[PDB]
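These notes are about the structure you will find just below.
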Amino acid sequence: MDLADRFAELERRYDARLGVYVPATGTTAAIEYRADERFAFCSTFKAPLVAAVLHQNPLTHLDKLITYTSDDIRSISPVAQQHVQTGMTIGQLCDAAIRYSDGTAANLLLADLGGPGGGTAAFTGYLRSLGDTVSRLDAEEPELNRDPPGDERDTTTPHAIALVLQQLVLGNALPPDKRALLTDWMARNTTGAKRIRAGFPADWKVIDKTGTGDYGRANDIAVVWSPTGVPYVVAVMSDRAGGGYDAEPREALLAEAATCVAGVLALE
Ligand SMILES: *C(=O)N1C[C@H](NOS(=O)(=O)O)CC[C@H]1C(N)=O
């Protein structure tokens, strides 16, 4: 048997569709499974969103205070609800968007990037600027949770998002000082313990951004480093469209997919 057969069994067992991509390196072949099929971003767009805002502004822009109201909180926003009275700086928003997957923080970052009607097109244009012609963001949270399976809106592919993440973390899409902020926020993420992290041994370093949604959607995108500093990019995406809109996401599906990947990357 081969790795595609292992990934197929994961699908049968969880009644799920799984997509995996890990770029080739000098010493490892690409891992690709449904790598060109579309999957909802869910919250994973917030990583390249923070990069867009870092890229387009001096670091001093991170100190800009954004004020907002309870009316702006229409999605799960653990950090933004706490700071609604005093406001949050662009920096704080980037922090929240990545580390708590904060929906209001992402929406305010979208508005900072392209204005109130223009944010999702501007975010998408950032992706186009990086050579990603595939991904698209069309709505903001929470409206983007309503796209049904098969709708191209608000989707990426394992291929596309891993390659974006690669440029951002391991390439030169950002200058070192901006890159480090992205990397720090993803390193300090609070939401991915049970996903890619759970597939990799404790001496591999992991940074990540998750997403979850309706139709059983669960994603994670990460950069991992070997104990000797060898970097790899892992995108794992899933949905469970079988069980309808209220199908439960399965984090363990992602942990298992990650374990299959780690078995390839870690075993010499
Ligand atoms: C992101 O997909 N979302 C924001 C928040 N955190 O989820 S994540 O950690 O899996 O990124 C809650 C769910 C979801 C949403 N529906 O907007």
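Chain A residue numbers are taken from the PDB entry; in order, the displayed residues are 28-295. Both ligands and their constituent atoms are indexed starting at 1 by order of listing.
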Next on the checklist: Help me with this one: what macromolecule has the most contacts with ligand 1, named as in the PDB entry?
Outcome noted: Beta-lactamase
Checklist entry - Can you identify the drug or drug candidate present at ligand 1? => result avibactam (bound form)
Item to check | For atom 17 (O) of avibactam (bound form), closest protein heavy-atom neighbour | outcome: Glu168 OE2, 3.0 Å
Checklist entry - Is it the side chain, the backbone, both or neither of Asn172 that has a heavy atom closer than 4.0 Å to avibactam (bound form)? => result side chain
Checklist entry - avibactam (bound form) versus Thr218, non-hydrogen atoms closer than 4.0 Å: side chain, backbone, both, neither? => result side chain
Item to check | Sub-4.0 Å atoms of avibactam (bound form) with respect to non-hydrogen atoms of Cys69 | outcome: 2 (O)
Checklist entry - Can you tell which of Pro276, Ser128, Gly130 gets a heavy atom nearest to atom 5 (C) of avibactam (bound form)? => result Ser128
Next on the checklist: Can you report which non-hydrogen protein atom sits closest to atom 12 (C) of avibactam (bound form), along with the distance?
Outcome noted: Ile103 CD1, 4.1 Å
Checklist entry - Quick one: nearest non-hydrogen protein atom to atom 3 (N) of avibactam (bound form), plus distance? => result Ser70 OG, 2.2 Å
Item to check | Test item, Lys73 contacting avibactam (bound form) (heavy atom, 4.0 angstrom) | outcome: yes
Checklist entry - Is any N or O atom of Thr237, backbone or side chain, closer than 3.5 Å to an N or O atom of avibactam (bound form)? => result yes
Checklist entry - What covalent attachment, as residue and atom, does the entry give for avibactam (bound form)? => result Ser70 OG
Checklist entry - Just heavy atoms, cut-off under 4.0 Å: does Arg126 contact avibactam (bound form) by side chain, backbone, both, or neither? => result neither
Item to check | Organism for chain A, per entry | outcome: Mycobacterium tuberculosis
Checklist entry - How close does the nearest protein non-hydrogen atom get to atom 14 (C) of avibactam (bound form), and which residue and atom is it? => result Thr239 O, 3.2 Å
Checklist entry - Which residues of the other chains approach avibactam (bound form) to under 4.0 Å (heavy-atom distance)? => result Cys69, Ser70, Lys73, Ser128, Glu168, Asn172, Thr218, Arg222, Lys236, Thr237, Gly238, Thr239
